[PDB]
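To keep things clear, I will list the structure first and then write my remarks on it.
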There are 4 protein chains.
Amino acid sequence: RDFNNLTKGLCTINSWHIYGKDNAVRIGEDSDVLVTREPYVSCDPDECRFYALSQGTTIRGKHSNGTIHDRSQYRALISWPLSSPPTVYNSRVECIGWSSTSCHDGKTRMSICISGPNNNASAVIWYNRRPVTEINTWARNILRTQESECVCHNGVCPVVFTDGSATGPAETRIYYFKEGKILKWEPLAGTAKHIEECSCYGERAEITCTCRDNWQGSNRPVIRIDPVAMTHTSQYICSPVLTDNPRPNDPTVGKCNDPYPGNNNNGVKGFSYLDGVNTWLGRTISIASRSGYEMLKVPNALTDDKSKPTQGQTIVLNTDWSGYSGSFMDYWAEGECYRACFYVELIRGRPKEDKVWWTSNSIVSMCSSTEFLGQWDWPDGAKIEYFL
Amino acid sequence: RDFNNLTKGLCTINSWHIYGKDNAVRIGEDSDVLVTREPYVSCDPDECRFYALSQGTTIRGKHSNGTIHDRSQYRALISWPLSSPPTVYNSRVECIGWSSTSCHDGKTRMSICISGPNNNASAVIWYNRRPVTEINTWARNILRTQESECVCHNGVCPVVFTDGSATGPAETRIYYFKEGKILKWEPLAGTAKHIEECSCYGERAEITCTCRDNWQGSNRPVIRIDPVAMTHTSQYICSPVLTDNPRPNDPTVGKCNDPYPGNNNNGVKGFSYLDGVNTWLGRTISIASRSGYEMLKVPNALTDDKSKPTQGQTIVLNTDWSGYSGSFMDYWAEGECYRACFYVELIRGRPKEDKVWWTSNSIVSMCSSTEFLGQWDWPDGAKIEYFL
Amino acid sequence: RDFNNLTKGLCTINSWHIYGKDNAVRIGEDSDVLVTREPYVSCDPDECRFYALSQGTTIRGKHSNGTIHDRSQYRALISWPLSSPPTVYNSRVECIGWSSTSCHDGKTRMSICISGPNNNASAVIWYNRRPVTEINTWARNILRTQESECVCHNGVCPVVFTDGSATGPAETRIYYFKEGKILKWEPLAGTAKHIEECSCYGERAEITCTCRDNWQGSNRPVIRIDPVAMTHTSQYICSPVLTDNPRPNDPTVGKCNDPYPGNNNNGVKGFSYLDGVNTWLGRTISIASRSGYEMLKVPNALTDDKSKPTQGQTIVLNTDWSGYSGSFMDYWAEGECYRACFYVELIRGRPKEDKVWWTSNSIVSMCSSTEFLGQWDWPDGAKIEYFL
Amino acid sequence: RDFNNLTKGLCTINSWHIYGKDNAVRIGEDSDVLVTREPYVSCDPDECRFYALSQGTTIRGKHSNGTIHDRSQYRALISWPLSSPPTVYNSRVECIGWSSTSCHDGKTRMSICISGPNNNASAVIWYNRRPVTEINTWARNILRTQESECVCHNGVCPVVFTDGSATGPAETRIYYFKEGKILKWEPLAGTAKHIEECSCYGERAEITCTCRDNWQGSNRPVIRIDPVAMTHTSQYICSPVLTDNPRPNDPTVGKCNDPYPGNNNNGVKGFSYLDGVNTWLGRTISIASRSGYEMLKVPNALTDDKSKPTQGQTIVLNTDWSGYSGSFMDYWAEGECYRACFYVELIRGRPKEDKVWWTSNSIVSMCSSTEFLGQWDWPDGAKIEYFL
Ligand SMILES: *[C@@H]1O[C@H](CO)[C@@H](O[C@@H]2O[C@H](CO)[C@@H](O[C@@H]3O[C@H](CO[C@H]4O[C@H](CO[C@H]5O[C@H](CO)[C@@H](O)[C@H](O)[C@@H]5O)[C@@H](O)[C@H](O[C@H]5O[C@H](CO)[C@@H](O)[C@H](O)[C@@H]5O)[C@@H]4O)[C@@H](O)[C@H](O[C@H]4O[C@H](CO)[C@@H](O)[C@H](O)[C@@H]4O[C@H]4O[C@H](CO)[C@@H](O)[C@H](O)[C@@H]4O[C@H]4O[C@H](CO)[C@@H](O)[C@H](O)[C@@H]4O)[C@@H]3O)[C@H](O)[C@H]2NC(C)=O)[C@H](O)[C@H]1NC(C)=O
Ligand SMILES: *[C@@H]1O[C@H](CO)[C@@H](O[C@@H]2O[C@H](CO)[C@@H](O[C@@H]3O[C@H](CO[C@H]4O[C@H](CO[C@H]5O[C@H](CO)[C@@H](O)[C@H](O)[C@@H]5O)[C@@H](O)[C@H](O[C@H]5O[C@H](CO)[C@@H](O)[C@H](O)[C@@H]5O)[C@@H]4O)[C@@H](O)[C@H](O[C@H]4O[C@H](CO)[C@@H](O)[C@H](O)[C@@H]4O[C@H]4O[C@H](CO)[C@@H](O)[C@H](O)[C@@H]4O[C@H]4O[C@H](CO)[C@@H](O)[C@H](O)[C@@H]4O)[C@@H]3O)[C@H](O)[C@H]2NC(C)=O)[C@H](O)[C@H]1NC(C)=O
Ligand SMILES: *[C@@H]1O[C@H](CO)[C@@H](O[C@@H]2O[C@H](CO)[C@@H](O[C@@H]3O[C@H](CO[C@H]4O[C@H](CO[C@H]5O[C@H](CO)[C@@H](O)[C@H](O)[C@@H]5O)[C@@H](O)[C@H](O[C@H]5O[C@H](CO)[C@@H](O)[C@H](O)[C@@H]5O)[C@@H]4O)[C@@H](O)[C@H](O[C@H]4O[C@H](CO)[C@@H](O)[C@H](O)[C@@H]4O[C@H]4O[C@H](CO)[C@@H](O)[C@H](O)[C@@H]4O[C@H]4O[C@H](CO)[C@@H](O)[C@H](O)[C@@H]4O)[C@@H]3O)[C@H](O)[C@H]2NC(C)=O)[C@H](O)[C@H]1NC(C)=O
Ligand SMILES: *[C@@H]1O[C@H](CO)[C@@H](O[C@@H]2O[C@H](CO)[C@@H](O[C@@H]3O[C@H](CO[C@H]4O[C@H](CO[C@H]5O[C@H](CO)[C@@H](O)[C@H](O)[C@@H]5O)[C@@H](O)[C@H](O[C@H]5O[C@H](CO)[C@@H](O)[C@H](O)[C@@H]5O)[C@@H]4O)[C@@H](O)[C@H](O[C@H]4O[C@H](CO)[C@@H](O)[C@H](O)[C@@H]4O[C@H]4O[C@H](CO)[C@@H](O)[C@H](O)[C@@H]4O[C@H]4O[C@H](CO)[C@@H](O)[C@H](O)[C@@H]4O)[C@@H]3O)[C@H](O)[C@H]2NC(C)=O)[C@H](O)[C@H]1NC(C)=O
Ligand SMILES: CCC(CC)O[C@@H]1C=C(C(=O)O)C[C@H](N)[C@H]1NC(C)=O
Ligand SMILES: CCC(CC)O[C@@H]1C=C(C(=O)O)C[C@H](N)[C@H]1NC(C)=O
Ligand SMILES: CCC(CC)O[C@@H]1C=C(C(=O)O)C[C@H](N)[C@H]1NC(C)=O
Ligand SMILES: [Ca+2]
Ligand SMILES: [Ca+2]
Ligand SMILES: [Ca+2]
Ligand SMILES: [Ca+2]
Ligand SMILES: [Ca+2]
């Protein structure tokens with residue numbers, strides 16, 4: 001096997017087709033499904049799998065009580081076959097911890113899990129299913145990373161981490177790994193003022209990450225990484241189509257180099273594909289809560305501060321719960337271009353549905369089509385009353 | 001691996017032997033078995049598997065309530081090891097949707113799943129477990145396909161789809177795929193007036209599909225496909241042994257080029273092997289309901305409008321529930337001829353057994369013998385009262 | 001891979017060591033374990049597995065009620081990893097039916113399952129996990145076979161079948177298979193008057209089967225097969241150490257060519273290793289019921305009508321339930337000799353334990369040692385009161 | 001594959017990072033998790049797995065009652081994927097018995113399980129998943145072994161066994177195996193007065209075992225084995241940092257060649273890494289019970305009778321239950337040195353938590369870092385009240 005190189009561009013995105021869906025919460029009402037959150041999707045050369053952070057209990061288990069909580073000793077990064085649910089019996093543990101990323105470099109997979117108390121967390125970098133490198137907290141305040149796949153180019157897999165305040169300036173670092181070893185790291189540069197939970201994809205030897213400004217911004221910060229030079233830039237999506245949550249209503253002119261204000265100290269992980277006219281943004285439909293999900297085609301969103309939608313697709317109705325969302329692609333597919341994909345975490349339980357004592361999610365995932373396909377909506381599908 | 005070619009003829013069918021049976025409904029009374037319907041069987045070069053459309057819940061799960069319904073966002077094409085039940089933990093998801101087909105071309109497998117609302121459905125064609133092609137609804141009325149295996153020849157895998165009314169003229173298309181790409185499609189031609197749910201098999205470089213005329217016909221339409229020329233014909237089985245359900249009583253002369261009338265706007269998926277004197281037809285024993293199942297040897301059924309049975313075999317007693325049935329063969333077996341096989345879907349629950357709130361099925365499957373074997377009957381075997 | 005040849009002799013048997021044990025009934029009290037009976041063990045070149053006839057329900061399932069019954073449409077030959085229990089999720093179905101045998105020829109495995117009603121049963125012979133040959137009932141009275149592994153030599157795998165009365169003369173046949181095809185069959189010859197359920201092993205190009213004379217004999221019939229010549233002999237074990245069940249008390253002189261009388265129309269599957277002074281016989285400890293199990297070293301049991309034990313080993317106490325027992329060996333092990341092995345079926349439930357409505361078993365299995373090892377006893381270990 | 005050679009030294013241990021954790025007791029509250037104790041970890045060249053002695057029942061099963069008991073016929077050595085729980089459906093049985101060890105020699109794995117009654121136990125040595133050698137009890141008093149991984153060098157895998165009193169002189173033997181055969185055995189020599197449950201690791205062609213003096217010593221005996229010469233020495237850890245449990249308070253001067261007295265006839269399996277200044281000792285935090293766990297860096301512990309800690313790491317708080325602990329390494333990892341690893345058995349249930357009727361455990365495991373990482377604590381995490 002050789003290291004994968006990002007030699008292709010994105011396929012033209014004219015619509016999105018259904019790729020995977022696990023129905024985990026429906027199925028786990030009566031089967032041994034692990035409680036999760038922070039899911040994602042990631043491909044190896046021969047298989048694509050679902051990933052998430054387990055809470056180390058089943059949904060129906062008494063230990064599901066309290067699983068709104070983020071960072072326990074009972075969490076792990078797990079993977080499981082595409083569109084199956086994360087069960088006790090089919091879930092493979094990649095590493096232990098409560099914040100993660102993972103990617104395949106074409107030879108083997110790197111997985112990163114962070115664990116520890118808030119003031120003393122550490123990353124362990126796994127390569128070829130063995131621990132290779134460890135990184136201690138630099139700011140002693142919840143060292144944390146992407147919660148979706150990283151991307152590699154010629155063996156170099158950049159990863160974005162943050163350590164420090166979630167509601168103020170923090171210390172974000174881009175690490176450049178190869179075979180699980182640190183080649184280099186850099187502090188965040190450019191005009192993004194706060195970075196969380198980057199969602200990344202690669203094309204033509206450039207990695208683009210769309211992140212969450214949890215501090216001030218309802219526009220999303222974007223980091224663009226050159227994995228050969230091992231350098232990067234940052235800015236915000238210029239478009240007035242604002243894509244964090246919660247957020248203010250859309251203005252007519254956005255901000256390229258500044259957080260678009262109105263909402264502080266909150267957000268949600270999200271993603272975009274930023275490719276000139278072939279630009280699509282995901283967001284919650286609601287401006288107030290993690291409900292609904294839609295894709296909007298917003299030509300030149302990254303660079304055009306008045307760019308508005310020219311096309312769209314509803315993924316999840318506004319009357320259904322959504323959650324995190326992130327990018328991945330099958331870098332090992334056939335053909336001449338990389339097909340954009342994404343997932344949405346469909347959160348069930350607390351805090352929105354507090355008649356149950358748990359928090360979990362299921363997954364829906366879609367990839368782009370060059371057709372203009374009909375749209376459906378893809379809810380979680382579980383009846384919460386069944387769990388009472 | 002090279003593409004499989006249909007170089008052999010059918011083995012002489014003198015009786016049917018038991019091939020597989022999953023007992024899914026019996027076993028799922030107390031284990032984590034998924035609710036299904038629309039099952040089938042399909043072989044790879046090294047393994048044969050059961051397939052079906054999951055309902056995204058277990059039988060015993062509270063989400064089983066309402067699973068009579070056909071087309072939800074919670075359905076997927078699943079496969080699982082031959083004669084095992086479709087469990088949460090052993091079922092592999094092929095694609096998401098509520099109508100499907102799948103076949104192996106000798107190199108890898110193509111799987112097709114259709115999803116969406118009634119007026120905006122789309123097919124996604126998977127090849128080598130990756131999405132390759134998408135097809136939008138052309139008639140905006142429940143785009144839909146075979147619900148059993150397709151067949152390939154030298155890499156060309158024809159698939160029959162219908163879009164439009166189920167009770168009137170519709171727009172049926174034969175698509176010719178290779179490596180998940182569209183080579184060609186053609187509208188239905190010939191004298192079949194309505195096509196649903198084709199059941200196909202191949203021999204000597206010809207693919208024969210027996211389908212369901214849901215509109216007017218209680219004789220079954222037959223499509224015969226030349227996968228080299230990528231052309232086809234259609235007609236009806238001429239025999240007065242009528243093989244849809246519900247149906248009128250058997251006449252003494254059938255119809256070759258016209259629906260045999262008497263029952264409108266209903267049917268059931270079924271199959272036949274049409275091979276001169278080596279012709280066997282499957283049907284429900286009941287003319288009114290999906291109960292019982294039998295095979296009848298009906299020499300020259302396709303072409304002889306007075307052909308009557310010369311031999312038969314009971315598969316399921318008339319006092320037991322049946323369901324859909326379809327053809328498959330192990331194209332990769334040893335020997336000089338292709339052994340005809342079929343499955344029967346043994347539907348349990350609604351609408352016939354409405355003391356439960358679910359609908360599911362198990363599978364029985366048989367292949368032909370050159371012996372004249374003794375017959376048994378093969379019911380589902382679950383006691384519905386246990387589920388109350 | 002080449003066909004295995006029986007080139008080695010038996011290892012000297014000085015005691016028996018524990019080989020496998022599944023604890024199935026203990027574990028299935030609270031996990032999804034299939035009801036079984038008629039278990040055995042059989043090796044492939046790279047793995048040894050447990051086998052049995054499923055009843056197509058879990059123990060705890062409501063469908064367990066009635067599983068004393070032998071021959072339903074819901075039974076199948078299953079295999080599963082050594083010493084695991086037969087679960088819904090780990091059990092591989094080899095074929096469908098209610099009487100079986102299976103063996104690996106060094107290239108691939110042959111599995112045979114018989115199904116049907118009593119007057120119309122048929123064997124299907126599977127090779128390389130595909131059906132190849134079918135055999136119809138010749139006597140129309142419960143066509144049936146070994147219920148333990150067959151043995152192969154240079155691709156020829158003899159199998160013993162019986163069809164006809166269980167309490168009178170019947171029609172026993174030795175079939176010689178190769179690649180699942182019939183080379184030859186012969187009717188039983190020699191002085192055994194009735195044959196059931198043969199337990200076989202091979203050494204130095206001879207296959208020895210110890211069987212059950214269900215009609216008149218409490219000594220066990222022995223068939224010895226030359227798989228090159230495809231010929232056989234039969235007689236009884238001459239020893240007065242009688243090894244069927246139920247049985248009369250041991251006399252001082254047995255019978256070589258005649259059933260030893262006293263008990264009619266009953267028996268149990270069992271086995272022996274017949275190798276001159278290296279001869280060991282298994283039997284129930286009880287003369288009346290399937291309770292206890294012991295191995296006795298009985299030099300020249302086959303040929304010496306006064307041979308008595310010189311050594312022994314208790315396997316199951318007389319205060320614990322036993323069941324069927326049978327021979328197998330790992331023909332693909334290292335070293336200079338074939339290590340004798342056996343299993344005992346530990347039957348629980350009906351008819352002996354009729355406060356439950358089911359019948360099932362677990363498995364214990366032992367292989368020979370050239371040491372003189374200490375003995376333990378190996379009960380099933382489940383508490384029946386837990387299942388009430 | 002070639003036999004692994006112990007060519008590398010230990011990596012510098014500056015802290016410990018989380019490696020694996022199964023959360024078995026939390027998860028098994030509502031899934032089919034086997035009851036275990038005596039767990040460990042062991043690597044093959046391509047995978048690292050958890051191991052333990054099953055009790056042949058699930059936690060939630062009624063057969064969990066009585067599982068404080070050590071030596072039943074229902075126990076087996078099982079392995080399962082790293083950080084998964086030991087479930088009915090994912091656990092592979094290595095051999096049957098109630099005391100074990102296992103190691104991979106670079107070509108294949110050797111597994112040893114001892115079974116039998118107290119006065120007549122026997123070891124079966126498995127190699128390449130087949131039984132090869134058997135050893136009968138020599139002292140007729142609970143023949144028993146390591147309960148953690150053995151280590152191999154050029155195919156020679158030494159194993160320590162004890163037979164005889166647990167509270168007095170016993171007969172300890174070092175066996176040297178290759179391909180599951182006995183090359184040699186030696187009686188214990190040197191100044192260790194009693195040996196139980198050795199925990200071993202290899203580096204630079206030397207194997208170091210830290211064991212449990214159950215009779216008189218609260219310092220741990222150490223056996224050092226030359227696997228080329230097939231010879232060994234024994235002594236005690238000289239350090240006054242005493243590491244058995246229960247134990248007296250730490251003195252200021254320990255004992256090199258004598259048990260450090262104060263506590264008799266009890267202990268716990270434990271481990272150390274003894275590598276000059278790079279020496280780390282594990283122990284319970286409590287001197288009275290199996291509660292808490294910590295690692296202490298104790299330069300020259302083996303040889304310096306006044307050596308005290310220079311660094312440490314808390315693994316399990318003193319308010320949480322611990323248990324056995326043992327060493328393993330991934331001998332097949334990349335890089336220039338062997339990374340020290342260990343596990344801790346987190347015992348739940350009896351005798352400490354006697355409102356439940358069972359005894360089980362989960363596993364936590366850590367490996368060394370050359371960083372100085374932040375510490376967390378890693379409890380079992382189950383709420384016992386949930387099981388009432
Ligand atoms: C079968 O399935 C097919 C395929 O899915 C279905 O067809 C799809 O139908 C949907 C639903 O209609 C479409 O999605 C919407 O797309 C529009 C964009 O397209 C419109 O606008 C285009 C651009 O117009 C401008 O520029 C052009 C030139 O470039 C100029 O010509 C024009 O005059 C104008 O200045 C038009 O080009 C486009 O027309 C084309 O397509 C038409 C078909 O759609 C066709 O009829 C025409 O002939 C022509 O070919 C069309 O007019 C998106 O704008 C829209 O998204 C907005 O609306 C939804 C609610 O519906 C909302 O959730 C979105 O967030 C977004 O609106 C919010 O954000 C805006 C931006 O800031 C803001 O301006 C809005 O006020 C609004 O803001 C509020 O809500 C947000 C969210 O809660 C909040 O944050 C704010 O604060 C505020 O509160 C949809 O995405 C698909 O594109 C369409 N697909 C295809 C291929 O056709 C079909 O319907 C299905 N069939 C059936 C039978 O069901
Ligand atoms: C051990 O197992 C073995 C193997 O399975 C069992 O043996 C099997 O036994 C079964 C049951 O008997 C057989 O199935 C039936 O087969 C007949 C066909 O064979 C008969 O007819 C043949 C053709 O006769 C005509 O042509 C020949 C020349 O070609 C001419 O010679 C003759 O005079 C005549 O004109 C005969 O050749 C054949 O004889 C041969 O075999 C005999 C053994 O069976 C033997 O005795 C002879 O010596 C000779 O060798 C024999 O007479 C099928 O017709 C039949 O199917 C009809 O009946 C069932 C109900 O039983 C029904 O469900 C079917 O749908 C079908 O009848 C319906 O459809 C007809 C066609 O339209 C219609 O005409 C009928 O009125 C009827 O219609 C009604 O019901 C349907 C369905 O609900 C409904 O839709 C309509 O509207 C209407 O209401 C069975 O398939 C096996 O062939 C046989 N197999 C073998 C190899 O022998 C054996 O019994 C078992 N042993 C034990 C002890 O149990
Ligand atoms: C640690 O583990 C070790 C290893 O397992 C344990 O040691 C084992 O201990 C057991 C139990 O004692 C032994 O099993 C029994 O073995 C005897 C056979 O050995 C005896 O007889 C030998 C032959 O004697 C004759 O010939 C020799 C010359 O060849 C001649 O020298 C002699 O005078 C005589 O004519 C002796 O050689 C042998 O001695 C040797 O070994 C001794 C140790 O055992 C040692 O002390 C000596 O120094 C010497 O080296 C010894 O005397 C079997 O006969 C016996 O089986 C019978 O009894 C059991 C009940 O215990 C029964 O279930 C069996 O079915 C069988 O008896 C039935 O069948 C007989 C045959 O028809 C019949 O005659 C009996 O009346 C009886 O029949 C009744 O019951 C059956 C069954 O219900 C029913 O069907 C009938 O109708 C009727 O009702 C046991 O198998 C092991 O061999 C032994 N192993 C080893 C290697 O030592 C050790 O005990 C454990 N340690 C501890 C501390 O527990
Ligand atoms: C973020 O995470 C990081 C990384 O984990 C956390 O930092 C870690 O913090 C912990 C907790 O403090 C440290 O663990 C302890 O380490 C000490 C050893 O280090 C001390 O001593 C060193 C040696 O001192 C001696 O020699 C030097 C020269 O070699 C000489 O200079 C000196 O004067 C003296 O003679 C010092 O070098 C060392 O200083 C260095 O590090 C300091 C940071 O820790 C730093 O401040 C300094 O500048 C300098 O660089 C330091 O002083 C262990 O001794 C200690 O273990 C004892 O205590 C615990 C309870 O805490 C107990 O459980 C242990 O068993 C042990 O004490 C028992 O055993 C002793 C030996 O027999 C006995 O003497 C004691 O009385 C006691 O015995 C009793 O209990 C036992 C157990 O129940 C019982 O059996 C007996 O019978 C009796 O009842 C801890 O292991 C880590 O080393 C440290 N790691 C790092 C890299 O810094 C950080 O805190 C986290 N951050 C936050 C914000 O939480
Ligand atoms: C700690 C700040 C961080 C990003 C703002 O919080 C995240 C927010 C989350 C959220 O908004 O749902 C859930 C994440 N599991 C959590 N991350 C961690 C590591 O706890
Ligand atoms: C039909 C006669 C035969 C041997 C005597 O009966 C066997 C006895 C059995 C028994 O004695 O326990 C159980 C077997 N499952 C049964 N075989 C079949 C095929 O039903
Ligand atoms: C028999 C003595 C031995 C070591 C002291 O006892 C061990 C103590 C144990 C303990 O201290 O927890 C549990 C072990 N399972 C047990 N070993 C066996 C084989 O029973
Ligand atoms: Ca924000
Ligand atoms: Ca019809
Ligand atoms: Ca008998
Ligand atoms: Ca359950
Ligand atoms: Ca001690």
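Every chain is numbered from 1, with letters handed out A, B, ... down the list of sequences. Just so you know, ligand 1 is whichever comes first in the structure, and atom 1 is the first atom listed for that ligand. Determined via X-ray crystallography, 1.8 Å. Hydrogens, waters and symmetry mates are skipped; everything else that's a heavy atom, side chains included, is used.
Drug at ligand 6 (options: etomidate, oseltamivir carboxylate, tolfenamic acid): oseltamivir carboxylate. The chief contact partner of oseltamivir carboxylate (ligand 6) in this model is named by UniProt as Neuraminidase. Other chains in heavy-atom contact with oseltamivir carboxylate (ligand 6) below 4.0 Å, by letter: C.
Counting heavy atoms under 4.0 Å, the binding site of oseltamivir carboxylate (ligand 6) comprises C:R37, C:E38, C:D70, C:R71, C:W98, C:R144, C:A166, C:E196, C:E197, C:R212, C:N214, C:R290, C:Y324. Checked against a 3.5 angstrom limit, the closest N/O atoms of C:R75 and oseltamivir carboxylate (ligand 6) fall outside it. UniProt's Ca(2+)-binding annotation for chain C and the heavy-atom shell under 4.0 Å around oseltamivir carboxylate (ligand 6) share no residue. There are UniProt substrate-binding residues of chain C with a non-hydrogen atom under 4.0 Å from oseltamivir carboxylate (ligand 6), namely C:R37, C:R71, C:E196, C:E197, C:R212, C:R290.
Distance from atom 1 (C) of oseltamivir carboxylate (ligand 6) to its nearest protein heavy atom, with residue and atom name: C:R144 CD, 3.8 Å. Checked by distance only, oseltamivir carboxylate (ligand 6) and C:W98 stay at 3.5 Å or farther apart across all their nitrogen or oxygen atoms. In this structure, atom 20 (O) of oseltamivir carboxylate (ligand 6) has protein heavy atoms in its sub-4.0 angstrom surroundings.
Distance from atom 15 (N) of oseltamivir carboxylate (ligand 6) to its nearest protein heavy atom, with residue and atom name: C:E38 OE2, 2.8 Å. Between C:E197 and oseltamivir carboxylate (ligand 6), no pair of N/O atoms sits closer than 3.5 Å. In terms of protein heavy atoms, atom 10 (C) of oseltamivir carboxylate (ligand 6) is closest to C:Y324 OH, 3.1 Å. Considering backbone and side-chain atoms together, C:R37 places an N or O closer than 3.5 Å to an N or O of oseltamivir carboxylate (ligand 6).
Among protein heavy atoms, atom 11 (O) of oseltamivir carboxylate (ligand 6) sits closest to C:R290 NH2, 2.8 Å. Oseltamivir carboxylate (ligand 6) has a nitrogen or oxygen under 3.5 angstrom from a nitrogen or oxygen of C:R71.
Looking at oseltamivir carboxylate (ligand 6), you won't find any N or O of C:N266 less than 3.5 Å from one of its N or O atoms. Atoms of oseltamivir carboxylate (ligand 6) lying under 4.0 Å from at least one heavy atom of C:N214, given by number and element, are 5 (C).
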